[PDB]
Amino acid sequence: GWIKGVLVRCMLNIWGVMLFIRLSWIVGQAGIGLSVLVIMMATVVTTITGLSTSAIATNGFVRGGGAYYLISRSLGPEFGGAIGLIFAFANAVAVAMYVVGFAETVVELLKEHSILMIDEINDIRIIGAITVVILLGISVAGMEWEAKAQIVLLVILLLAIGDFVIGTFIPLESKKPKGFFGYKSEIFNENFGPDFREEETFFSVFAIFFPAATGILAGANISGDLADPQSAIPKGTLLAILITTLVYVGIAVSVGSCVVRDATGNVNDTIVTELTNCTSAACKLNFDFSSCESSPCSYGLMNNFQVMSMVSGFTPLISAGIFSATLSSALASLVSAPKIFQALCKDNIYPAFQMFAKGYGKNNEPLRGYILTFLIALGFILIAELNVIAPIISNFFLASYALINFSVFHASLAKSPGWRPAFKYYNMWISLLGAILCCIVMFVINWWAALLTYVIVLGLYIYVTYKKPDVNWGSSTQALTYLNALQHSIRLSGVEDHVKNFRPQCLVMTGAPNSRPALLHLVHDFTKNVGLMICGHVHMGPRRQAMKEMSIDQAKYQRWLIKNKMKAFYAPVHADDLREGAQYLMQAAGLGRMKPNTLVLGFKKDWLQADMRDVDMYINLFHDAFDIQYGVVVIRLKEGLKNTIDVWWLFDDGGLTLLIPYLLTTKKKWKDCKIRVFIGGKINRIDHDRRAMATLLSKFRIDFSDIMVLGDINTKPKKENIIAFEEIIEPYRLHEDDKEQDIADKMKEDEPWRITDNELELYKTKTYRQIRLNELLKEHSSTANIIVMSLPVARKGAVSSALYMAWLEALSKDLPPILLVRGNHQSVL
Amino acid sequence: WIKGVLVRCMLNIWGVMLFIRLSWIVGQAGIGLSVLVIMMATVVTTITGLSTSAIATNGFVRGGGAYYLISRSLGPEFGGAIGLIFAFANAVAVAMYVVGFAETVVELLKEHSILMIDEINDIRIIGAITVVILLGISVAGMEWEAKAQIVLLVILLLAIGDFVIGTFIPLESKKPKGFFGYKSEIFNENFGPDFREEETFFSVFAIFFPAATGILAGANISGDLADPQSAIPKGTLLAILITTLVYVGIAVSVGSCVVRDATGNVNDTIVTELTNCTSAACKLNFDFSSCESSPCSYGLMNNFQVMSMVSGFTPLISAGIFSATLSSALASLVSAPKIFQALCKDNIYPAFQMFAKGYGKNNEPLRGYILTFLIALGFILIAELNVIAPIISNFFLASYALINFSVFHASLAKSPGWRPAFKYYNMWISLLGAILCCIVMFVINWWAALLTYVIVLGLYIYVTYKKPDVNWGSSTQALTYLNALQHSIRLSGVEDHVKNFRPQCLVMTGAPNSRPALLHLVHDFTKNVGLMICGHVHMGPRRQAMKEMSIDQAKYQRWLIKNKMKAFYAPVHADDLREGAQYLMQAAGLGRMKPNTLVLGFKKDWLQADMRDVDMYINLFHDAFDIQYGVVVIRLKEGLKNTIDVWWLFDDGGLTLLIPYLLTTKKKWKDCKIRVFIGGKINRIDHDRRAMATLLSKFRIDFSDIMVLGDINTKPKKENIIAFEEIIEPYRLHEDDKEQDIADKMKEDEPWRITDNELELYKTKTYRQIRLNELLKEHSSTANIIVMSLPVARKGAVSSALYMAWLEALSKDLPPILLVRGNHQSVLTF
Ligand SMILES: NS(=O)(=O)c1cc(C(=O)O)c(NCc2ccco2)cc1Cl
Ligand SMILES: NS(=O)(=O)c1cc(C(=O)O)c(NCc2ccco2)cc1Cl
């Protein structure tokens with residue numbers, strides 16, 4: 001069955017080098033009891049990882065054939081990328097262990113057949129060379145043949161285990177010079193002793209052993225897609241762990257009972273009565289032990305690593321059994337690691353490794369990953385000591401396992417996704433303790449490599465927390481990000497005080513985001529990572545086809561706006577005219593705390609050639625903005641496209657107009673600019689005004705250059721400027737005094753935005769003032785980047801729309817990019 | 001200014017070990033190794049000081065306290081962790097310095113005639129007495145600290161100057177001990193390391209570290225200066241510099257006077273003749289007897305207070321020792337409990353809220369005092385200062401590494417509240433310092449470092465989710481606020497295409513406090529799959545609208561936070577209900593987080609209600625349909641086996657099925673047992689059965705049963721029909737029964753009247769909408785939630801009264817009933 005397929009592949013993954021190659025040395029180095037405790041602790045850590053993989057696998061939705069795919073969809077890329085990289089590296093380097101064990105077994109065979117190879121130590125590497133160069137071909141070719149031969153090759157392992165357990169119980173005379181005795185309880189008593197260690201310790205042998213009981217993840221998740229892969233696989237993996245554990249415990253007990261720790265291949269040593277001091281622990285026979293305290297026995301349990309091969313019955317078959325085991329485990333590792341690495345490369349988490357996504361094979365099967373794994377595997381083959389290779393393999397596998405356990409616990413604690421484990425056996429604390437014990441056992445063994453590994457993990461944490469990925473949650477798992485944003489906004493709704501932070505938000509009413517790009521850039525400069533600005537577009541069109549064009553325009557403008565990286569959300573509405581859409585955006589747009597409070601408008605430079613009722617619409621838009629207590633911002637900027645950023649604070653307004661330049665300075669674009677504040681005041685009072693204004697300026701900490709308090713206000717500008725203003729308002733001046741009263745009343749009633757004569761004499765001083773400030777701006781702030789000035793206003797209906805726009809024309813007439821502002825009454829800080 | 005922080009750092013750093021253990025350190029590690037230890041500890045301290053200066057510069061000019069400075073700069077997590085670790089570290093540092101005082105006193109008593117007990121017990125008793133006297137003084141001692149600090153620094157500098165003068169002054173009587181006049185050969189001999197008693201370089205570094213610690217108290221103890229932003233760095237770092245200089249200005253100097261092995265007796269004096277002199281001692285006059293064989297009385301290895309012996313007129317250096325010990329004791333003992341009280345105040349850790357209260361002449365945490373004094377007096381149990389030091393060294397290293405890594409995390413993550421505003425600061429350098437601190441901790445007392453790592457990991461795990469989800473505790477909203485901002489871009493920047501349909505509903509109920517049952521029920525299936533926007537329209541004068549508008553917003557936000565709903569209360573002002581609903585449905589939401597369906601609690605008791613209200617209510621349905629929203633209504637009874645009856649009768653895009661599926665995936669409705677009713681005429685049952693089965697398999701409902709009814713579209717019982725006719729009787733326009741003129745001017749009098757022609761036209765529709773009521777009554781008498789496809793009609797074709805009466809008849813007297821209709825776009829989208 002499919003569960004039988006997962007179980008057979010997990011049997012194949014777990015049963016590698018240490019089924020027979022090294023387990024003799026472990027059982028002889030510490031003892032039967034200590035070895036069994038090693039098996040138990042390795043089973044504990046492996047089963048904690050199995051529970052974590054069950055928890056991630058049993059998520060509601062199932063997709064993807066890769067292990068990295070499942071770990072990345074189930075939990076965010078923050079841990080997913082690190083787990084993928086670490087496990088890919090570990091699985092790539094496990095090939096080294098498996099093939100070097102293969103080569104050592106071949107060497108053991110060839111020592112008896114061939115008298116001596118030219119370079120025995122390097123013979124392991126020269127054999128590993130042919131093994132890897134043929135294993136790459138086996139991995140890239142005949143995948144279906146390998147899948148069909150899975151069962152055939154694992155039958156070899158089952159036959160080998162049966163062979164050895166058949167051999168161990170029965171006594172035999174064929175292996176008489178060597179250490180072969182059958183289940184003698186004296187052997188158990190004399191081998192249970194922990195005090196067998198030679199240059200190695202308990203945790204060292206645990207570290208060397210650990211590769212045997214690891215690899216469950218590759219069996220579970222490399223397949224990814226099969227019959228019922230979401231729920232039924234984890235039960236197969238837990239049963240896999242149980243079966244492998246029982247096999248290892250039983251085989252360890254049998255080996256410890258059978259073989260003596262030190263056996264010399266000699267016919268002698270058979271003493272009729274050696275009850276005196278019983279130099280041999282098996283004092284009854286003593287066939288094979290003598291003078292091995294001085295000259296150690298060659299064929300002993302701890303001395304001979306492959307004693308189980310020769311001492312078991314029908315020894316030719318067992319060698320082929322290990323051969324199949326190691327080649328199978330190596331090929332599984334060599335096919336599993338590169339695909340994980342390619343999945344990680346396809347994810348844009350690590351652009352430095354982006355070049356590895358090649359897919360040279362027609363049916364995927366990446367080749368560059370194979371080449372990289374080839375290189376690293378051979379480089380690790382360059383070590384001929386398996387007892388030395390094992391600590392690194394255990395190091396990286398333990399790193400990956402601890403990272404998996406901690407990531408699963410993190411998902412359980414911080415519930416951002418739909419992280420609902422369907423396996424009741426999972427518990428967050430159990431996985432946490434598993435991760436802690438994994439980290440501790442990591443520290444204990446080969447501490448320097450452990451510290452290097454923690455440094456690497458912390459470096460990946462740095463790299464991910466800075467460069468955030470955009471592949472997986474961007475496609476088919478945007479729900480994770482949606483829940484992220486929703487939970488963060490709900491958290492935001494928790495805050496209860498608003499007085500501390502004014503925190504400007506800019507609802508920008510540009511016609512379209514692509515239109516007036518300079519305006520968008522400028523407004524984004526002083527509102528970026530300090531507040532959200534919303535590009536509001538009041539769409540015009542028929543009702544029937546409204547929503548479709550809404551959607552298409554929203555998509556197009558959002559793509560354009562993210563291309564020219566902005567922090568803006570395109571919010572379109574439908575309304576009969578601009579004012580209604582503005583009302584919609586002002587009163588309803590925004591959620592909880594992220595609600596716009598300042599209304600940004602581009603100056604209507606084409607008001608002269610446009611219908612005034614739309615300009616009247618514009619001024620009514622200003623007045624509606626003031627009613628809801630918004631801060632009005634107007635930008636006039638020459639669309640046809642380094643010293644200072646001048647400020648012209650005149651009226652108290654609010655704290656917003658002095659706040660705008662500050663945020664401009666910190667963006668590194670206006671960093672090399674100096675704020676030259678201008679504030680009006682009395683001629684007798686500049687010094688007092690200078691100190692009084694410097695107090696507030698220091699409070700705003702905008703590091704003012706100076707405060708050129710001036711008294712040129714309330715002055716007739718000149719003959720020509722008033723002439724120009726008269727020319728500006730001439731097409732709309734209403735000559736009631738010159739014309740008949742009846743016709744003047746008719747013109748007023750049919751059309752109300754005329755500038756009545758009384759309006760001119762009522763507001764003559766205001767017009768003089770506005771022209772005065774215009775000419776002062778021309779004289780002083782001509783060579784400045786971004787002028788800031790308090791926005792002139794008037795009571796609703798007290799001033800006609802035409803004259804109000806005339807004032808805004810006069811003030812911002814010939815200046816560089818200017819930024820008129822009038823905030824609300826409340827102070828910003 | 002300078003005197004505010006430079007003096008405090010001078011008097012803090014130069015604690016007890018400079019005056020006793022530094023000479024022993026030079027004994028264990030050679031002059032080169034001693035200087036290497038000095039520079040390494042100085043690098044740690046300088047990196048910590050630079051990080052502290054960056055913290056001070058960031059955020060704002062002034063803060064309530066160092067705890068609050070760190071809290072503003074980063075937030076609750078790192079600030080609370082640093083505060084707790086540093087408070088514990090100062091609590092045990094009090095123990096260190098008082099043990100130093102105790103050992104000096106007991107050594108003096110050894111010099112003195114009488115002895116009370118053996119050495120370890122004398123330390124215990126005298127240290128306890130001094131700790132309780134320090135209790136008496138320290139509880140109220142802020143008035144004289146400003147005057148006392150300068151005098152104590154003067155005394156300490158007098159002691160240091162006395163040592164310097166005594167270094168160049170030899171004397172023949174004291175020459176048997178390690179007392180010589182700046183001889184070069186002894187300096188050469190002392191250059192080489194001599195590590196004895198199984199003491200090693202990093203172990204000596206471990207003991208030494210607390211001597212070069214205490215800079216953080218420069219800003220922690222008090223600000224209150226003319227320029228707190230500028231005064232804190234320029235002092236503290238400066239202090240560190242001279243500290244190291246004085247340390248090295250002592251270190252090599254020590255090696256210039258004192259021999260590594262000496263004995264007091266003058267008898268063992270070599271005769272001036274050609275002798276072997278393996279040791280440099282008999283170079284001058286003194287053979288000794290190779291004191292490595294037998295433990296000698298003095299010689300920088302057995303007389304710790306050797307610096308007291310060298311300086312002429314040793315009472316002054318002894319008094320300097322007293323001054324340094326007491327000064328560092330007061331500094332740390334005032335620093336720690338204030339931090340602990342601040343941690344209680346910020347409410348990051350609810351388990352310790354009982355310790356916030358304080359009282360006295362000025363409110364101070366006497367509880368925090370008593371607990372720190374108790375635990376410190378517990379730590380006095382170990383009377384060996386060499387044993388004491390490594391634990392405090394580990395805590396200081398943990399605190400400094402945590403501070404440096406906190407600065408790095410603020411700088412790297414582009415923290416919204418972070419701004420370096422410092423001339424010479426590099427986040428990479430802070431990382432390097434913190435990392436080296438981590439390895440150094442792991443090197444010394446590996447189990448203790450493991451314990452600290454476990455504690456900090458547990459605190460991090462506690463403060464990641466358990467605290468913030470309920471209440472993070474920080475008073476600076478910005479560090480949260482701005483964060484959410486970018487996440488919204490993360491939601492808007494992702495191209496969702498069309499495969500991102502989720503239930504995002506706004507519940508158009510004016511008063512959230514009223515009708516909480518509907519809010520809880522809709523939040524039940526909107527808890528973790530979408531946003532709930534309890535929109536609220538307000539009608540009133542524009543003059544006072546805004547103020548009361550915000551008042552209502554705040555009050556109802558408090559109410560929704562008091563209960564457990566994940567809902568944003570976004571209210572608007574409008575002329576009437578329809579305009580406000582239009583405002584919400586057109587502009588509410590930002591990015592892709594926009595409402596998609598319009599929950600409307602049924603207008604129960606509409607009988608007494610005016611007809612204009614009902615007209616606007618039905619026009620809300622029509623507007624929602626026009627603007628491509630899903631309409632869901634609910635008739636929960638306001639008084640507020642197990643099965644949820646889903647009557648999928650009209651293909652609405654799967655919403656009618658999706659909603660109960662969301663209900664099931666929750667704790668409350670785990671026992672759901674959905675029963676799916678379908679409508680179909682007489683035909684093969686298998687067609688409908690398998691079609692509905694595969695449709696449910698698509699959306700993963702996992703039906704308990706699928707059942708089909710053929711009794712729809714049949715004539716209902718006569719009593720029910722006449723009951724409905726009497727229901728619609730007050731609004732019925734019997735135009736046929738009455739005269740034509742009356743009906744006419746009544747119709748142009750009120751457009752909502754229902755002509756009998758409407759009843760004739762939709763007689764079969766009313767028959768369906770009442771027969772379905774009878775069927776759901778007899779079949780589904782008991783049911784948790786009855787989710788039913790919502791009837792629809794042409795806009796304006798039927799008078800709103802008749803449409804609303806249809807909706808009322810379909811839910812006449814029922815358990816929780818939930819009518820649903822959606823846009824035909826959620827085709828297996830979820
Ligand atoms: N600043 S303006 O008067 O020239 C202006 C101008 C426009 C504009 O029409 O471009 C605009 N958008 C409304 C719109 C209609 C159709 C598409 O967008 C808003 C404004 Cl404030
Ligand atoms: N769900 S409902 O039709 O019965 C309804 C019910 C209410 C309601 O709570 O009365 C409501 N609030 C309007 C309001 C008036 C004053 C303040 O808010 C709106 C609606 Cl749509």
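Throughout, a chain's letter reflects where its sequence line sits, starting with A, and its residues are numbered from 1. In what follows, every heavy atom counts, from backbone to side chain, and hydrogens, waters and symmetry copies are set aside. Going by what the header records, the deposited coordinates were determined by electron microscopy, 3.9 Å. Counting starts at 1 for both ligands and their atoms, following the listed order.
The drug located at ligand 1 is named furosemide.
Here, the chain sharing the greatest number of close atom pairs with furosemide (ligand 1) is referred to in UniProt as Solute carrier family 12 member 2. Every other chain with a heavy atom under 4.0 Å from furosemide (ligand 1) is listed here: A. Taking a heavy-atom distance under 4.0 Å from furosemide (ligand 1) as the test, no transmembrane segment of chain A, by UniProt's count from the N terminus, passes.
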